[PDB]
Chemist: 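The structure under discussion is supplied below as C-alpha cells; questions concerning it will follow.
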Amino acid sequence: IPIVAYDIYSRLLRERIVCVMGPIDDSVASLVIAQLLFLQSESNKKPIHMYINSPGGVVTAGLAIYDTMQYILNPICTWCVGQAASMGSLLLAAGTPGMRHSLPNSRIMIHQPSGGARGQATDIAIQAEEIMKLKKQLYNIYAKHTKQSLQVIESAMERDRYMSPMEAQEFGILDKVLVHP
Amino acid sequence: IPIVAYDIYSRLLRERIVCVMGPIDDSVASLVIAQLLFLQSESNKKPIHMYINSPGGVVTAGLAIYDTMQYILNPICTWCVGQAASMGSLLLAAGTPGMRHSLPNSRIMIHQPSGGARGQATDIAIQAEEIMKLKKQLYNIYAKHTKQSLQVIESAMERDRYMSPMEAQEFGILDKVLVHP
Amino acid sequence: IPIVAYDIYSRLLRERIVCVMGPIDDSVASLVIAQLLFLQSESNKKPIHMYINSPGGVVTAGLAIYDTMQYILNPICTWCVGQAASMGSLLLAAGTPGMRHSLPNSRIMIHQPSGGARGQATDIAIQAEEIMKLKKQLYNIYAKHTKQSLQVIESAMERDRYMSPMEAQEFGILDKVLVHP
Amino acid sequence: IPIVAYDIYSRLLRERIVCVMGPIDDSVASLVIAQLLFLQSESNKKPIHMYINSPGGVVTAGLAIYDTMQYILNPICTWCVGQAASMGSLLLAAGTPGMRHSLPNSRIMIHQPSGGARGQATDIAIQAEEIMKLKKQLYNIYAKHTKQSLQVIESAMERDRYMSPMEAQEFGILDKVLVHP
Amino acid sequence: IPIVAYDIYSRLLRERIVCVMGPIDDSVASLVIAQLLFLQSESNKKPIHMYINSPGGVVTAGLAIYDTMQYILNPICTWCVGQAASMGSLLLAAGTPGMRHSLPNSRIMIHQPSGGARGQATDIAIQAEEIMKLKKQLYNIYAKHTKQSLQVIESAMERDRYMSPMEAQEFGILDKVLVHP
Amino acid sequence: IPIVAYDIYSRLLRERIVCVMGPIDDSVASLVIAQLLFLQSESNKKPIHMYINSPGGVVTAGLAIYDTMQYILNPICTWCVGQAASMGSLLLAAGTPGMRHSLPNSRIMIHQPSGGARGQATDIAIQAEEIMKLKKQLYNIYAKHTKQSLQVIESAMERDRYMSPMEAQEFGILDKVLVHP
Amino acid sequence: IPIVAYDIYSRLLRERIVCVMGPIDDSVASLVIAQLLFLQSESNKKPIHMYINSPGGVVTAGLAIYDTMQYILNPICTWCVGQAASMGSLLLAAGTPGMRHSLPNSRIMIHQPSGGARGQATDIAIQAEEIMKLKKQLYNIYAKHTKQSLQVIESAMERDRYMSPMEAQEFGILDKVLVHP
Amino acid sequence: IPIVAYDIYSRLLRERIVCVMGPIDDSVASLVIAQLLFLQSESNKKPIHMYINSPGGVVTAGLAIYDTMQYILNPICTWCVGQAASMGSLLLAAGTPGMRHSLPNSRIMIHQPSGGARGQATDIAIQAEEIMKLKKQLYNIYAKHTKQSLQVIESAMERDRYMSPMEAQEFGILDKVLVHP
Amino acid sequence: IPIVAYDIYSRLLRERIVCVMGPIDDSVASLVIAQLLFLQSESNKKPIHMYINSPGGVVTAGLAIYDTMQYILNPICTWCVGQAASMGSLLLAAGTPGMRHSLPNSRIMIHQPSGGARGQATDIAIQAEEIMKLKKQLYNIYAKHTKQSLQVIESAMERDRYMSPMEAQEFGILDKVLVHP
Ligand SMILES: *[B]([O])([O])[C]([C][C]([C])[C])[N]C(=O)[C]([C]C1=[C][C]=[C][C]=[C]1)[N]C(=O)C1=[C]N=[C][C]=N1
Ligand SMILES: *[B]([O])([O])[C]([C][C]([C])[C])[N]C(=O)[C]([C]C1=[C][C]=[C][C]=[C]1)[N]C(=O)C1=[C]N=[C][C]=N1
Ligand SMILES: *[B]([O])([O])[C]([C][C]([C])[C])[N]C(=O)[C]([C]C1=[C][C]=[C][C]=[C]1)[N]C(=O)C1=[C]N=[C][C]=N1
Ligand SMILES: *[B]([O])([O])[C]([C][C]([C])[C])[N]C(=O)[C]([C]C1=[C][C]=[C][C]=[C]1)[N]C(=O)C1=[C]N=[C][C]=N1
Ligand SMILES: *[B]([O])([O])[C]([C][C]([C])[C])[N]C(=O)[C]([C]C1=[C][C]=[C][C]=[C]1)[N]C(=O)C1=[C]N=[C][C]=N1
Ligand SMILES: *[B]([O])([O])[C]([C][C]([C])[C])[N]C(=O)[C]([C]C1=[C][C]=[C][C]=[C]1)[N]C(=O)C1=[C]N=[C][C]=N1
Ligand SMILES: *[B]([O])([O])[C]([C][C]([C])[C])[N]C(=O)[C]([C]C1=[C][C]=[C][C]=[C]1)[N]C(=O)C1=[C]N=[C][C]=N1
Ligand SMILES: *[B]([O])([O])[C]([C][C]([C])[C])[N]C(=O)[C]([C]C1=[C][C]=[C][C]=[C]1)[N]C(=O)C1=[C]N=[C][C]=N1
Ligand SMILES: *[B]([O])([O])[C]([C][C]([C])[C])[N]C(=O)[C]([C]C1=[C][C]=[C][C]=[C]1)[N]C(=O)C1=[C]N=[C][C]=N1
C-alpha cells in the first residue's frame, strides 16, 4: 500500500471516497460504516462516493452497510467497477436515485441467498425458517430500489443471473453507464 | 473372529440368531436383511432372534431393517444387550409383541432425528421439509409399537431420554426384563 | 460377512437375488452386470430379483446397469428397500412393468444430474453441452418407464423431489407397495 | 484500517463511540472495558454510544462488559447494526432505558448458553452445576432489562429465537427502531 | 496368529476358554457374548473359563458382557492375568463365587466412570444425569459381588485405586491367588 | 466379490469373457493380457468377448492390450457398456470387424493424448518430441480401424468429442448398436 | 488496539492501572512485573489498580507476579472483572486487605494444581515430589490471605470450586462486591 | 522495500509512475485504480506511466483496471517490462495509441480465458454461458485496440500464443520497441 | 535490519548501491528496477553499483532487470560477492565493459534454462517451442557480452559449469578480480 491521509485509501477518504472491495464480512462492514459515519460528521450535505468491486459476502454484514447508507443524510453515489455480485449488486442498487453508476465492462450478478443448517429436526426447522425470512427481506429491498414487482424479483433471483451494465440499467439496479466523465 | 457355519457369527446363524451390533449403516442393514431373508427361506415358521447392541445409525438403513422385520412371516424375538439408542431402540420395539426382551443392566435411549441442510434457500426448504416428514414417520412407528399416543411420543423424544429396562417396559418399548432363563 | 454359494450374498445369488447397495460406481456396476449375465446364462426364463438400497451414483455406471437390465431376456423384479435416490430411483423404475415394488417406509428421490467443468472456455462449452445431453437422455428414460410427459419430468426434477412409496406409485416409478407377502 | 485519534476507530473514540464487532472474547472484552473506563475518566456525564454487530461469544467476557456498562456513571446508548445474537443481544438490552436502538433490517437472536464437560463423573457433575447456575444468572439479567417474567424468558430461550427489530421492541430488548435521525 | 478349532484362540475355545484381552468395546463384547452363548449351547453344565487381561473399556459394552455372564447357567471361572482395570476388574469380580482367580503378579485397579458432555445447558444436564445414574449402577454391582457396603465402594473408587492380588482378595474382588495348580 | 472359476469374474472367464473396467494402467493391462493369452491357449478358434467400461488410462498400457488383441488369432468381440473414453474407445474400435458392439445408452469419447514434461530445455525438447510421436501413432491406429482419413481424425480429436452409439457407428468406431439379443 | 501513553493500555498505565487479562504465562508475567516496577519507581506511595480477567496459567509465572505484588511498597487494589480462576483467583486474594473488589456477576474458581511427569521411575518420583511441594506452598498462600485454616483450604480445593462474589467475600478471597462507585 | 513519498513505490508515484506487477487480483486492481484516480485528481493533463510485469490474473479485476484507464482523461503510456501475459497483455494494448512500449527482451502472450463450473446441469449451463460472454467481450476489446478483425483474434487466442516485441508491434499490441531513450 | 535513508539498504541507496541478493523473482526484479529508475532520475551521469549474490531465478524477471540495465544511460558497475549462478551470472556479465568485478573467492555458474510443460500434446508442443526460443535468446545475450561464439556458449551451458573468478575473466563474464581497492 503506497503513501502520498498518508496511505492511498486515507488520501481518497479526504475526497469522500469509500472503497468496498472484495468479500463483504463483519470486518469489512465495520470499516465501511466507520468511514460513512466519519464522513457524515465532517458534513451531512456533501455527497459520498462508494466504489464497489465485490463478489458478495455475509447477509447481515451487507445489511449493516445498507442500513447505514439509508440512515445517513448524505446522498451516496455508487460506482460498479469490475463486478457487483450478491451483496455488491444490492449495495449498488441502494445508492441515491440518479446517482448509481457502472463502467462499460462491469458484470452485475443477482441471486437468492445460500446457507446451511444443522442439529435436531427442531433446530433445522428454526434455521430454515430464518433463511426463508431473510430471502423475503432481501427481495423486498431489491423491489423497492429497482421498482420491479416481487414476482419479477423472485423469477430473476431463483438462479444466478448475470447482467451487463445496460441490462442492469434496464432492470433498475443502476442509472448511468458512463464511458468518460 | 474365532472358528468352530465355521466362524462364530455363522455358527450362531445356524441357531437363527442375527446380531445387530454397533452403528447401523447401509452395509450393516444390507447384511441383516440378507440374513433375515435367508432365515425366512430356511423356514417361515421358526422364530428368529435379533440381538441388539447399538448406539444408533442412519434412518433409511434402520427403516430398511424395520420394514424387513415386518414383511417376513417369522416371529422375531428382540434382545437388548448393553444399549439400544436411536434406531436400536426402534428396532427393539419392533419385535413381535410379547417377544421383546432386555437384560437387567441395558440402557435404552430415544430421541428425535438429527441431520443437516445446505445450498440455496429453496434447497434448504426442501431438505427441512424432508427431515420433518421423517420425524413424523418415526413418531408414528413408535406410537404403533409402544401404544403411546403421539403427544406422549413427541414430549418424550424432544430431548435425549434415557431409560432403564423397567422404565422401557412401562413405556411399552419391551415386554420382559429377564435375569435368568 | 457371514458364511452359510458360501458367503451370504453368494447364497442369495443362488436364489437369483442381486443386491444393489450403496453408491453406484464402476466397480459396483461391474459386479451387478456380471451377476445379471451369469443369472441369464443359468436360464433366460426365470425372473431375477434386484433389491435396491442406494443414495445414487455415477451416471454412466448407472446407465450401464440400466442397459444390461433392458438387454437380458429375463423379467426383473425391483425392490426398493430403505431408499432409492438418483440412479437408484431410475433403476427401480426400470424394472419389468407390474414387477416394481416398495416396502412401506422407503423414500424415493428424483432430481436432475450434477457435475463440474474445467479448462479453457472451449473445453467448458464442450463439457456443458455433454451434461445437457445426458440430462435430456435421462429425462427420456424416466418418461418412458413412468409414462409421464417430458414437461412433467422436467418440472419434477428441477429440484430434489422426495416421494413416499404411494406417491411414487402415483408417479409411475413403481407398481406395488407391499406390507406382507 | 484507514487514517484520518489517527486511525478510524480512534477517530470515532473521540466521538465517545465504542465498536463491539464480531465474536466477543477476553481480548475484545478487555479492549471495550478499557475504552469505557477511558471515556468515563474523560467525563462521567457525557453519554457513550456502543455500536453492536456481533454473533455472540464467551459468557464471562460478555458479563465483564455488561458489569462495566452498569458500573460506570455515564448513560450508554446501544445500537444494533446488522445483528445481535447471544451476548450481543444481551449487551444491546443492557443499554440505558430509552436509549436502546436498532436499524430497520438488523436481526436479534436470543438463546440459552452452550458448553461442554469432561472428566470423572464428579468433575462432570460440578461442571454441569456451573453451566446451570450461569443459565439462571443470564435469565435474571434478561428479565431485569426486558421486564419479561422468568417464565417467558425460559420459554423463549429454550431454542434459538430470531427477532425482527419491531419484535425485539415488543419483547423489551430495545426501545427505538430508527430509519433516519 | 498360529494354527494347531485350527487357529490358537479357536483351539482354546474347544477347552471352553474365552479370552478377554485389551480394551473392551462393542466389537470385543460382541465376540465374547457370542462365545459364551455358543459354549452354553454346547452344554449348560460345564464351567467356562474367562481369562482377563484388560485396561478397561466402554461401560455399556462391559455391562453387556456382565449381564451375559449372569444370564447363562454355566459357572464361570475368572482369571486375572497381567492386569484388570476398570471394566476388567468388574468382570473379574463377577465370576462365580469361589471361582475368581489371580496370578501372583497381576495388578487390579478400580475407579469411578469418566466421560464427556456437550451442547446446550439442557442437553448437558441430561448427560450429567445419565453418567451419575451409571455411576450408582456400577457401585451397586461392585457392592453385590465384593460384599462391601456402598460407603466403602464410594470411598475406594473416588480416585484410581491399585491393588495387589492379596489386597483384591481382602477387598472381595477375587477368591484365590494361585502360584501353581 | 461373490462366489458361484469360483468368484464371479473367474466364472465369466470360463465363458471367454474378459472385463476391461475402470482406468487402464499397467496392472489392469497385465491382467487383461494374461487372460487373453490363457484364452488363446485354451483354443485359438473360439471368439473372445471383451466388455469395456473405461474412462481411459495410460497410453503404453493401452497399446499393450491393443497389440495383444491384434496378435492373438482369436476373433474378439468388443462391447461398450456405459462408457468408452480415451483408450477405452480405441480398444472398442480395435475389435474384429463386424464384431464391435454398443448398448443403446453408452457414451463414446475420443481425444488427443495429454501429459507433462520437466527438466532442462534439452530434456523438455526430447519429451515433447516423444508425445508428438505417440499422438501420430494413435491417429494412425484410429484411421486404420475406423477407415477415416488422417485429416478427419486430427480434426475430430483436437478437443474432447463425445459420441452417441449411432454417431460412433457412423464414425466407424463400432458396427452394431443392439437393444436386445 | 486503539490510540488516544498513546495506545489504550499505555493510556491506562498513566492512571496506574495494570491489566492482567487471559492466560498467565511467563510473557504475561514479565509484562505485569515490568509495569509494577515502573509504577513503583514513579512513586512508592500511590496505589496501583490491578484488573484481573483470567482463566489461570503457569504456577511459577503467577508466583512471580504474586511475589512482586508483596515486594513493592504500594498498596494494590485488585478488581475481578468477568472471571478469576486458578492463578487469577490467587492474585485477586493477594491484594491489599480491604482493597479486593469484585463486580456483581464475576465468577471465582479455586482448585489444586495440575501437571505431568515423564521418564524413569526415579525421575517421576522427583517430579511428583515437586508438584506436591508446590501444592502445599499454594495452600499456605491461600490460607494466609483468606484467613481460612489449612484443613478448609484442602477440602475446598480438592475439586473445582466455583464461587459467586458474595461466596468469595464470605470465603475471604475479596472484601467488596460493588455495583456502582 | 527501501526508503528515499518515502518508500520507493511512493517515490515513483510522485513521478506519475504506476507499477502493475505480478498476478492481477482484486487487491492489486483496487490499488492501481486508487493510484490512477489520485493521479488524475493531481492533474487531468499530465500523462501517467504504467509499467507492466504480469503473468495475468482475474478477468473482472483486469477489466476494472482497463475501464479506469479508458475513463480517466490522462493519456497513459504503457511499458512492458519482462512479460505481459493474459490480462497484462490486454492492459498493455489498452494504452494510449502511439504510447505503448516494450523493452527488447520482453515476452507477450495472448490466450482465451479459462475457468470452472459446478452444480446442477442448470447451474452449469448458466456458468458456461457466462464465460462464453466474457470471451466475446475480451475479443472485442483486443480487436478494438489492435485493429485486427475478430476472425484473426479468435484464431490467435484459441491456444497460448507467445510473441516477441516486434511480433507484438506487428500484431498491434504495442507501438514502440525501445532499446535506449 | 539495522537503522543509521534510515535503514541500512536505504543508506546504501544514497551511495547509488543496489543489492541483488538471493533468488530473483518478480518482486525482487520490481524492487531493483524501481531503484535503477530512481537512481537514473537523480542523475543520468553518475555510475550505479550493483552488488550480486544470487543463486538464480525466473528468466523473465531477470530479463526485466537486464533490459533496465541496458536502457538507463548510467554506467553500471557489477560486483560478484559470494556467488553468481544462472541469472546472477548473466546480470554480472551485463555490466558496463571494464566495470565487471569479482572478489577472489566468489563462484560463477552458467547453465541452460529449465522448466516444465503440461496439458494436451498441442499445449506441450507450444510450451516446448517457447522454452527453446528463450534458450536461444539467452545464448545470444551471453555471446554478446562475453564475446564468445554461439558454439562455445552452447557447449559450455549444456550442463552446469562452475567457474572461479579467473576462469570467468578468461571466459569474458567479468573484467577484474580485485583483492583490495
Ligand atoms: B451473495 O452471493 O453474496 C449472497 C447475498 C445476496 C442474497 C444478497 N450471500 C449469501 O447468501 C450468504 C452466503 C454465505 C454463507 C455463509 C458464510 C458466508 C456467506 N448467506 C449468509 O450469509 C447467511 C446468513 N444467515 C443465514 C444464512 N445465510
Ligand atoms: B439415532 O440417534 O440413531 C437417530 C435415529 C432415530 C431418530 C430413530 N439417528 C438420526 O437421526 C440420523 C443421524 C445421522 C445423520 C447423518 C449421518 C448418520 C446419522 N439422521 C439421518 O440419518 C438423516 C437421514 N436423512 C435426513 C436427515 N437425517
Ligand atoms: B444421482 O443423484 O445419483 C444423480 C443421477 C441421476 C440424475 C439419475 N447423479 C449424478 O448426476 C452424478 C453426480 C456425480 C458427479 C461426479 C462423481 C460422482 C457422481 N453426475 C455424473 O456422474 C456426471 C457424469 N458425467 C458428466 C457429468 N456428471
Ligand atoms: B451466545 O450464543 O453467544 C451464548 C451466550 C448467551 C447465552 C448470552 N454463548 C455461550 O453460551 C458460550 C458458548 C461458547 C462455548 C465455548 C467457547 C466459546 C463460546 N458458552 C460459554 O462461554 C460457557 C462458559 N462457561 C461455561 C460454559 N459455557
Ligand atoms: B474403566 O476405566 O474402563 C471405566 C469403567 C469402570 C467405571 C467400570 N471406563 C469408563 O468409565 C468409560 C470411559 C470411556 C469413555 C468414552 C469412550 C471410551 C471409554 N466411560 C463410558 O464408557 C461412558 C459411557 N456412557 C456415558 C459416559 N461414559
Ligand atoms: B485417454 O484420455 O485415456 C488418453 C489416451 C488416448 C489418447 C487414447 N490418455 C492419455 O493421453 C494419457 C494421460 C495420462 C498421463 C499420465 C498418467 C496417466 C494418464 N497420456 C499418457 O499416458 C502419456 C504417456 N507417455 C507420455 C505422455 N503421456
Ligand atoms: B490454575 O488452574 O491456573 C492452576 C494454578 C492454581 C493451582 C493456582 N494452574 C496449574 O496448576 C498449572 C497447569 C499448567 C500445566 C502446564 C502448563 C500450563 C499450565 N500447573 C503448572 O503450571 C505446573 C508447574 N510446575 C509443575 C507442575 N505444574
Ligand atoms: B490470463 O491468462 O490471465 C486470463 C485473462 C485473459 C483472457 C485476458 N485469465 C483468466 O481467464 C482467468 C483465470 C482465473 C480463473 C480463476 C481464478 C483466477 C484466474 N479467468 C477468470 O478470472 C474467470 C472469471 N469469471 C469466470 C470465469 N473465469
Ligand atoms: B538459473 O539457474 O537461474 C536459470 C536462468 C538461466 C538460464 C539464465 N533459471 C531458469 O531457467 C528458470 C528456472 C525456474 C523455473 C520455474 C520457476 C522458477 C525458476 N526457468 C524459467 O524461469 C522459465 C520461464 N519460462 C518458461 C520456462 N522456464
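Protein chains get the first letters and strands the later ones, always in sequence-line order, with residue 1 at the start of each. Contacts here are counted within a displayed part of the entry, not across the full deposit. All ligand and atom numbering here is 1-based and tracks the order in the structure.
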Chemist: Mind telling me what drug shows up at ligand 1?
Modeler: bortezomib (bound form)
Chemist: Going by UniProt, what is the chain that binds bortezomib (bound form, ligand 1) with the most atom pairs under 4.5 Å called?
Modeler: ATP-dependent Clp protease proteolytic subunit, mitochondrial
Chemist: Hey, which other chains get a heavy atom under 4.0 Å from bortezomib (bound form, ligand 1)?
Modeler: A
Chemist: Pick out the nearest UniProt active-site residue of chain A relative to bortezomib (bound form, ligand 1) and quote the non-hydrogen distance to 1 Å.
Modeler: A:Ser86, 1 Å
Chemist: If we set the cut-off at 4.0 Å for heavy atoms, which region of A:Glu130 has an atom near bortezomib (bound form, ligand 1): side chain, backbone, both, or neither?
Modeler: neither
Chemist: Check A:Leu134 against bortezomib (bound form, ligand 1) and report side chain, backbone, both or neither, counting heavy atoms closer than 4.0 Å.
Modeler: side chain
Chemist: Can you tell me which residue and heavy atom of the protein come closest to atom 5 (C) of bortezomib (bound form, ligand 1), and the distance to 0.1 Å?
Modeler: A:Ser86 CB, 3.5 Å
Chemist: If you measure from each non-hydrogen atom of A:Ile131 to bortezomib (bound form, ligand 1), which part falls under 4.0 Å: side chain, backbone, both or neither?
Modeler: side chain
Chemist: Record the part of A:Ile24 in heavy-atom contact with bortezomib (bound form, ligand 1) below 4.0 Å; permitted values are side chain, backbone, both and neither.
Modeler: neither
Chemist: I need the nearest protein heavy-atom contact for atom 20 (N) of bortezomib (bound form, ligand 1): residue, atom name and distance, please.
Modeler: A:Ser114 O, 2.8 Å
Chemist: Which residue and non-hydrogen atom of the protein lie closest to atom 21 (C) of bortezomib (bound form, ligand 1), and at what distance in Å?
Modeler: A:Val59 CG2, 3.6 Å
Chemist: I was wondering, what residue and atom holds bortezomib (bound form, ligand 1) by a covalent bond in this structure, if anything?
Modeler: A:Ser86 OG
Chemist: When you measure from atom 7 (C) of bortezomib (bound form, ligand 1) to the protein, is at least one non-hydrogen atom found at a distance under 4.0 Å?
Modeler: yes
Chemist: Under 4.0 Å, heavy-atom basis, I'd like to know which part of A:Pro113 is in contact with bortezomib (bound form, ligand 1): side chain, backbone, both or neither.
Modeler: both
Chemist: Against bortezomib (bound form, ligand 1), does A:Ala85 come closer than 4.0 Å with any heavy atom?
Modeler: no
Chemist: List bortezomib (bound form, ligand 1) atoms under 4.0 Å from A:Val58, heavy atoms only on the residue side.
Modeler: 18 (C), 22 (O)
Chemist: Which residues of the other chains approach bortezomib (bound form, ligand 1) to under 4.0 Å (heavy-atom distance)?
Modeler: A:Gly56, A:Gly57, A:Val58, A:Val59, A:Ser86, A:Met87, A:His111, A:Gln112, A:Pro113, A:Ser114, A:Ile131, A:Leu134, A:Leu138
